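In this PDB entry you will find tafamidis.
Chain A corresponds to the first sequence line; subsequent lines are lettered B, C, and so forth. What you see of chain A is 10-124, where the numbers are those given in the PDB entry. Residue numbering in chain B adheres to the PDB entry, whereby the residues present occupy positions 10-124 in order. Since chain C takes its numbers from the PDB entry, the residues it shows come out as 10-124. Note that chain D is numbered according to the PDB entry, with residues 10-124 shown in order. Looks like X-ray crystallography, 1.8 Å, at least that's what the header says. Only heavy atoms go into these numbers, but all of them, side chains included; no hydrogens, no water, no symmetry mates. Just follow the structure's listing: the first ligand is 1, and inside any ligand the first atom is 1.
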Number of protein chains: 4
Amino acid sequence: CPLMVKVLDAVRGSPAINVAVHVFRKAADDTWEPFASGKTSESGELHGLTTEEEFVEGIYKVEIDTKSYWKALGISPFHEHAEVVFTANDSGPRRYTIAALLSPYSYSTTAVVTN
Amino acid sequence: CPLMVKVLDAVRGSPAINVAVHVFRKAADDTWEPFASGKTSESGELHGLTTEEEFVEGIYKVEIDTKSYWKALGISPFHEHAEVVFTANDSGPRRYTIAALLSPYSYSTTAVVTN
Amino acid sequence: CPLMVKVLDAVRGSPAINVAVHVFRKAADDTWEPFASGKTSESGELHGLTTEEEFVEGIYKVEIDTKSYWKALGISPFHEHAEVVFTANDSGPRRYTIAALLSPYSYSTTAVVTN
Amino acid sequence: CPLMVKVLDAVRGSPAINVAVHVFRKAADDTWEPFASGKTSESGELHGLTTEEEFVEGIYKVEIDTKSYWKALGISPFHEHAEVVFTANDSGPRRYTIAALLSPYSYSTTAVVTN
Ligand SMILES: O=C(O)c1ccc2nc(-c3cc(Cl)cc(Cl)c3)oc2c1
Ligand SMILES: O=C(O)c1ccc2nc(-c3cc(Cl)cc(Cl)c3)oc2c1
């Protein structure tokens, strides 16, 4: 898969397990079209979101459902979701890892891009 | 000043100056509607975005135009922007500071809610 | 005020109040020697740590007692402290703000150097 | 190995390759005793630092050589090194991943602890 998402929990020191991740791709009419979705595993990783054939160039938005995650842990979350927006494959196909580190009132995200 | 935005640059260790910031409030039809906007000052701060009367409870999105900031510096960015989506709840006297720390391929955001 | 320390809490979305901060300067015998210290205020800030005359170029270490902070809140922490080690270089008029964002199993630190 | 270190570069969007990592363990006389060391691989990971037999309870300090990393990339670093200090195995053996995300004037670190 050319697009992996990894999510970590900064409160418990663990991977963020069973976190819903939605990926959208910007359409011609400037609206967000559903592209792919899934849940993080026991390792906090989400593999198999897409394939090389489906992952075309475009502007993508990765929405991480942090609200449900904190609510299920009984913690009061600030953010509705963690939203990462970027242009992908504009200079040819690349592999992307989008990582996110979550806290109730803060999040950090980084990207690892390889050719 | 119930809502302030502060933006910092992790590459040069400075405030991020003249960065466009747009604030949206979630409408009844599940759409993002413009609420406030401005450009960060020499201190990387954006004050006077809204008034106590205008800033009601609801779901807000703060979009920071980080792509334009890195491009002006001649540094290649990954993200289109940094978007912070959160619920604003009236739970006593509160002031919100949304702070973002930027790098070309990463960003962190936090909220500081004070009385 | 050539050196300021600001500490934020990512769990409760607030300044981190009454946190002990110790500043050390690297000696000629490669040892860490005490330089300044204090406790963060109600705003999570610690001002008046040093004077322009005292704050010379060199290698500094800022140690934030995060373990005592989380323990007082009844939250289990991972780190003993958060230590920020950096070189202070005179390159025109400069003020250093060392900011730290804390979670029980994570921390982020940045420096804001302003003229 | 019960202790893994992963390091990422927030400027280039890549793993931080060939970064020196030194691990110390606090001795009875309050001094830092060398414990283990190594360099991150092409994936930014450092495996095989230690073994279950050698990794006893104690206070450990993981020092990441960020200064050499930025200097070799021709970037001006602020920090001398990224220092992560924590008590390990105090309630029995655990597996620890210490991750760090690097920028020239900032770093973030988190821990993933598993039983
Ligand atoms: O309210 C202020 O003046 C003020 C100052 C310094 C600040 N630093 C931050 C900050 C630091 C890190 Cl390490 C990560 C993140 Cl996400 C944010 O938020 C701030 C606010
Ligand atoms: O254990 C792994 O393989 C692995 C992978 C990707 C990872 N990304 C991070 C990371 C991300 C952010 Cl946004 C902030 C911080 Cl402090 C750390 O930790 C990781 C670990």
Quiz item: What ligand or chain labels cover tafamidis here?
Solution: ligands 1 and 2
Quiz item: Which macromolecule here is the main partner of tafamidis (ligand 1) by heavy-atom contacts, as listed in UniProt?
Solution: Transthyretin
Quiz prompt | Chains touching tafamidis (ligand 1) at heavy-atom distance under 4.0 Å | solution = B, C
Quiz item: Closest non-hydrogen protein atom to atom 18 (O) of tafamidis (ligand 1), residue and atom name please, with distance?
Solution: B:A108 CB, 3.1 Å
Practice problem: Give the UniProt-annotated L-thyroxine-binding residues in chain C that lie under 4.0 Å from tafamidis (ligand 1) by heavy-atom distance. | Solution: C:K15, C:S117
Exercise. Can you pull out the closest protein heavy atom to atom 14 (C) of tafamidis (ligand 1)? Residue, atom name and distance to 0.1 Å, please.
Key: C:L110 CD2, 3.7 Å
Quiz item: Considering only heavy atoms, does B:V121 approach tafamidis (ligand 1) within less than 4.0 Å through its side chain, its backbone, both, or neither?
Solution: neither
Quiz item: For tafamidis (ligand 1), which atoms sit closer than 4.0 Å to a heavy atom of C:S117?
Solution: 13 (Cl)
Practice problem: Considering the heavy atoms of C:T118, write down every atom of tafamidis (ligand 1) situated less than 4.0 Å from one of them. | Solution: 13 (Cl)
Quiz prompt | PDB source species, chain C | solution = Homo sapiens
Practice problem: Name the closest protein heavy atom to atom 19 (C) of tafamidis (ligand 1), giving the residue it belongs to and the distance to 0.1 Å. | Solution: C:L17 CD1, 3.8 Å
Practice problem: Between C:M13, C:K15, C:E54, flag the one that comes closest to atom 1 (O) of tafamidis (ligand 1) by a heavy atom. | Solution: C:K15
Exercise. Report all residues and nucleotides of other chains within 4.0 Å of tafamidis (ligand 1) (non-hydrogen atoms).
Key: B:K15, B:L17, B:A108, B:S117, B:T118, B:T119, C:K15, C:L17, C:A108, C:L110, C:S117, C:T118, C:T119
